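In what follows, chains carry the letters A, B, and so on, assigned in the order in which the sequence lines appear, proteins first and then strands, with residues in each chain numbered from 1. First listed ligand is number 1; within each ligand, the first listed atom is number 1. Heads up: this isn't the whole entry, just a piece of it, and contacts are only counted within that piece.
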Amino acid sequence: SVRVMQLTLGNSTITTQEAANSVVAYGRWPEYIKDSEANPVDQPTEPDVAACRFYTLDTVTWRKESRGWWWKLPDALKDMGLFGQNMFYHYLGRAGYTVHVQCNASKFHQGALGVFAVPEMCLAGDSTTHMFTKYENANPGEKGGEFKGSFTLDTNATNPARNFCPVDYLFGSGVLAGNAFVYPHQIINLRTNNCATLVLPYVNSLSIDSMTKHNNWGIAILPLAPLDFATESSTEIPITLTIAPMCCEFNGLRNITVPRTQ
Amino acid sequence: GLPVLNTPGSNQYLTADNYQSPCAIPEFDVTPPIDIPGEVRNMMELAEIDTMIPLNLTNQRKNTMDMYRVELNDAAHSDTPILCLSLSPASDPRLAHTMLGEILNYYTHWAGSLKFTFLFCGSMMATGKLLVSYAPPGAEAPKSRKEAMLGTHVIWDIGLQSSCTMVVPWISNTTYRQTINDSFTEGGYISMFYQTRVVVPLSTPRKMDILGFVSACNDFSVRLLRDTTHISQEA
Amino acid sequence: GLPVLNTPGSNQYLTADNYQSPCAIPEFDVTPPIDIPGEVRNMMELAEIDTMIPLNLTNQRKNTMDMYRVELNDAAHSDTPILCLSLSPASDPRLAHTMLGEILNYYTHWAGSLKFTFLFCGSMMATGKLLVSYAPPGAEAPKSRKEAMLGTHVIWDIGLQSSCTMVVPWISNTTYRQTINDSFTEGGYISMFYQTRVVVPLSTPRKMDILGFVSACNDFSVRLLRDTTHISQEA
Amino acid sequence: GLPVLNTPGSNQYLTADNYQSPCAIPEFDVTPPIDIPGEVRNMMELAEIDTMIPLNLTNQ
Amino acid sequence: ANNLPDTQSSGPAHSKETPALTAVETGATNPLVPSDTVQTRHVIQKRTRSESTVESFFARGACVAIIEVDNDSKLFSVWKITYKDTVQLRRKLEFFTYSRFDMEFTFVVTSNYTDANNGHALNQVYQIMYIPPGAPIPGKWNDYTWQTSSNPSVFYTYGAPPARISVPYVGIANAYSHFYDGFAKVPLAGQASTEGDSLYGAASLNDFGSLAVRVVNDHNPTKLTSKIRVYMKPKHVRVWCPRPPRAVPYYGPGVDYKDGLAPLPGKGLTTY
Amino acid sequence: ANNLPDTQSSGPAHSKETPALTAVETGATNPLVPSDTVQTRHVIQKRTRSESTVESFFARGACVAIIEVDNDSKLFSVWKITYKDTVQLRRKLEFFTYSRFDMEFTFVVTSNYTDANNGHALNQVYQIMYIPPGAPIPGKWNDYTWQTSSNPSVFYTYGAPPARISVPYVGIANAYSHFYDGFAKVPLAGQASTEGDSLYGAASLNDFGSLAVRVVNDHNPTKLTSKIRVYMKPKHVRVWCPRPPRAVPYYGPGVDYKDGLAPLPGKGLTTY
Amino acid sequence: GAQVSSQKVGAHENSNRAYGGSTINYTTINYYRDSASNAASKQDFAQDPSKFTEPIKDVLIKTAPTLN
Amino acid sequence: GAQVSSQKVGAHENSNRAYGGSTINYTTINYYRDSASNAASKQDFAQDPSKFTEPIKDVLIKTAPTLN
Amino acid sequence: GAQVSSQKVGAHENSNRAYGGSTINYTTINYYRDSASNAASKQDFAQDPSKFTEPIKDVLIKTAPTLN
Ligand SMILES: COc1ccc(OCc2ccc(COc3c(Cl)cccc3Cl)cc2)c(Cl)c1
Ligand SMILES: COc1ccc(OCc2ccc(COc3c(Cl)cccc3Cl)cc2)c(Cl)c1
């Protein structure tokens, strides 16, 4: 039925008994580069089962006060097994994804989470200096980031944070959040479903790019209807994020990249 | 040479003309296209996607995530409206900033049917019946369920299918309406009432939110491209 | 490029030209037409509809409803005219403001036949015979029935058919006449006389009105569009 | 004459245009060509010839 | 736009058919021709009604507005689009109740030094921007609105032949209404008198929007004034329901009158 | 750019099919039409979406720059090519993530005497030279760079109709990116913080090069200023991935915001 | 896409060209996509005035009595 | 090398030329070698919004229950 | 005397005219007698660089030893 599914990729399987169908972004399933759209001339590496499998990133907790969370792809998976290895050993890389967000509660809980997949999800910074966010802050990895309820300008001139300041109702980029529904999405309304499943093809203005310099997709999760339970002002339910890269192919092998951190 | 006669309009520059001109970079090897997902052919495609409506523009809620949440409760049945709206998709503050309203503000005329979808975000243990209504212009705006029920309406029963859609049919005198607040091309009123009441058992939240969405139907069209007031530039 | 040579008349603006120009609102979705009753194709269609003539322009009657009423009475037979008019449809004060005269004032030339219809508004008990006449220009304007009877005339017998039409045939030297008072293109005289007399029995009104109407025949045409003097604008 | 309408761009001089113009020396008897060795059709032909690289740019 | 019928010869009559007699009470006009009441000869008719067709009657550029700008807020002007600012075209259009056509607009631009012996300026360029009802109206001769990314603009260089553009049938109804016997609002029972009140005979508060005109050059202290005379010509014309023409002076956008109520002169009943 | 479907008549219903009920959690929009929830009549639809096609939406010349030159280094100016110097066209382009089109550039040139009663100059000729990233940039209004043996130049004579040229799709990628979630450099472990640092969302330091404008005439002591307004129109348009439009004021080339963060007005929940 | 119509010659020159041939025809070509840009053809038709001159239900003959 | 397309006539003149013939067609000829120099034809197609409106894996009918 | 060539369309409009018909062709006509007055056609051919890259008397294969 629309509600029961099983996803198998490599050596990993995911089962769900409360789905609300699955979304295939823009109606496009991920695919490899065709010869007619090929650019780099060298033989690509395609790890296949070693990289195209389900990786579970860290679990976040939803509370009445949560504003939202965000992650960047392939960034969030840079340290994930052999996918991360191939990402750092190659100059160029390409991949699609199957994003599976998990969140179960009970029949006496309420709340709705909007799960959006955004191509080129550029976020707003914290200073008066334009495009000032530094690489280390823009790429948090598997832990991702969070949305805020208001904009707060960083004034420390001696030691600028050079970080993002994504305000939730402004979708972290100066647009109204209610219009974010034009992007592939699903809603995890506690009275209806457990999860959200989105299949994302590779989207870019090029056939292949640098995975370290460029993040193709952004995953934004916003509480559309806040978490509430029985009478417990105190309520916490975890949100686990499991993502699997698809049709990975890398070009331009050399020595490994070791990016600067923190 | 060939005898010619210059007609009025010569040497002018019409910002909306469509002529040919010499290429400044001749014989340029243009990069071929690739099949990028999500291509768009018409702006109306975007107007047909559900976009969340900022229904709660009260002073404490406007410009926060709370402007999108309309709260309901398990109180005894009342005939007073849960919300009220005017069918002015491009000008009503609650509709003017949705994806639909944003596009309508780049055009002078609009025509067609619209649909409002409401999502119930209460717990699974909560039940209830609501009446969503649409009253064509010309009479007093409905203030009780009794008046609202006399116009176009959908009685929504809450359950498994979490959402309910009410189609606002194209009922107009003129062939196209204007994207500004104008009485001559006024559209009517949208309102919601409790049919019975929201009922929840013990150990369950007594207040919950509903979210509203708006999109255009397949018979919707706009015309006369104009500039929007939604973007400005000082100095 | 292609060698061209600019001829005199280039870059001018002829108010009556007929050229193409770029469209300022391209790809506009034009509202289709509906079949509205009463469409007009030619201005001459309007000139062929009977319009009431303001025959009585005396100081007390002009610019009142009385300017349209010409009164008759049961007096003994007289050879003096009931009314007199000049065939200058665009300039005679009595004809210049009828629908026919209004249209003629937007043109410089007119040609064709005209017809005058008179309606008897006396009681049913009233009887009488009248002589309506038309005298082509060139001789003395008729002042007695004896002179009028020598030209084109219709002897109207009053009865069941309340009205009578007299056709003023196109009798002209020039192929077209001017819409201004000019002797070279003068049209002649229209007059009415009592043939016998209006007779009424006792207990019946001895005075009654007749109304006149004027319209163009099917061989009527106008040419050379010009501006009318019937509308002005100060400052 | 034939009614025309001047479009924007008229009377300008685009350094990269490609139009016709009158010949200032009409009916000139042009010297015919001869088959000279080493003709070139494309600049890329020259880029495909090995050229020595100045690898040692040290001060001395 | 065609031919007229020939006159057929007609001889004497003595019959029971009387086309001269009629009854105008029916609401009809007696379709008589000369041969019905007099003896006629045969005339081969060559005159036509080619120039009185609805199209030829309106096929002239009429002035509808004179917009003025002083290049020393007057650095720019706004004209609410209408055909009622002038009287000549308005009176012709009002021979009919409804119309449907395309429009051709020609702009004649003139300028001059206010001072006979002072100031100087380089050739001026004008921008005529159409602001459809809803679009932002310029507050300054140089604010962001003049970017025209969507509004149609016409840039005219002084001295060039008059600018000219065509506009399609832009009505929101199936035809333009020259007369509207109604209101845009219906006052409801119970509401304050201030409520539900609107102008008689008015439709939208902003029917067709307006034109914003300005000189693009940087203004010099020199005293200069320019005037843009707008000429409009209806082309591809269709009209419905004829009406008697305006007899007394216009008094506003409505059918209101006040002043020249006695249009006809005096003339003796029996005076030729 | 076509037709809309007709409305089919629809009668009453009493069935197990309930199109009114749905579940938006799936991420889909309910494709209902009036006849799904009410009784409808048959209407033959004649309206079309001809003017809302991606092409017609952008088919307007929008101002992207106002370059100024003072013919008394200001004798020449350089403008780094971009669409972000203005807001109107930028906001429309940003409804999409990627685009691919040709460009038409029209140049409106105006000039004037700064002094109302002083100076005089003969008609000016302007040179608009395109300097592709890499070509030498002019240091003086008259140095060797203005020879343009390879760079495309446009020589405009003051008073002539606006100059206009077309540019092909010149991107180094298969489409123009309106948004780039990345950097041009990756800082490597071990290198100084000064190292490997670049702007967020920036690609090449010099994407499309710039325009160098100057007056070719020898400058006279007279005080004169000229302004070249650049208008650009995307033609032969294709766009990908729609995005919600900009709601708050722009704050630079990025998606940064700072000032008008509260765009919506107050309105009662139960107020019509 | 040229439209060739004939003119209604008023004043005739002492030529046979004034009476026949392409010399009494005129040529037209539309340059714009929008019909609004077009000029007026002026080959306009006429109609019956009856809707105004005789909007009578029961049709009557002029020779015959109107009031019957 | 002329391209002859037909116009979508909005307002119709009282002519038969407003309904047929080359009088409702427009002619086009490209003068430049580079396609960039060309004007926009504006004979643009539309498409299915489904990729945005219903990017669902398992296709669903509106009459049928969405959550099954 | 018109020469009709086809253009190499770079950016394609959402039209079928962008893919076929006279809409992707351009027309040319020479107005001057002297060929010098003509514009450049720009339909220019290429050639083998061998005269520069391999002006060798005894032809050699890259796989095979150059010095034999
Ligand atoms: C996504 O939106 C975009 C993408 C690219 C853009 O600019 C690319 C660009 C590249 C070169 C030139 C050079 O054009 C010119 C030439 Cl050859 C000669 C003379 C004048 C000009 Cl003006 C102009 C623009 C713009 Cl403005 C918007
Ligand atoms: C019944 O008689 C009528 C009906 C409508 C009329 O006006 C309608 C109308 C609507 C838009 C525009 C806008 O036209 C323009 C454009 Cl796009 C660009 C530049 C200049 C102009 Cl000018 C102009 C007129 C008039 Cl004047 C008479």
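Looking at ligand 1, one finds the drug SCH 48973. Per the PDB entry, the macromolecule making the most contacts with SCH 48973 (ligand 1) here is poliovirus type 2 coat proteins VP1 to VP4.
Other chains reaching under 4.0 Å from SCH 48973 (ligand 1) with at least one heavy atom: B, F. Measured on heavy atoms with a 4.0 Å cut-off, the binding site of SCH 48973 (ligand 1) is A24(B), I25(B), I81(F), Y83(F), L93(F), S99(F), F101(F), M103(F), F105(F), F107(F), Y130(F), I165(F), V167(F), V170(F), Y176(F), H178(F), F208(F), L211(F). For chain B, the PDB entry gives the name poliovirus type 2 coat proteins VP1 to VP4.
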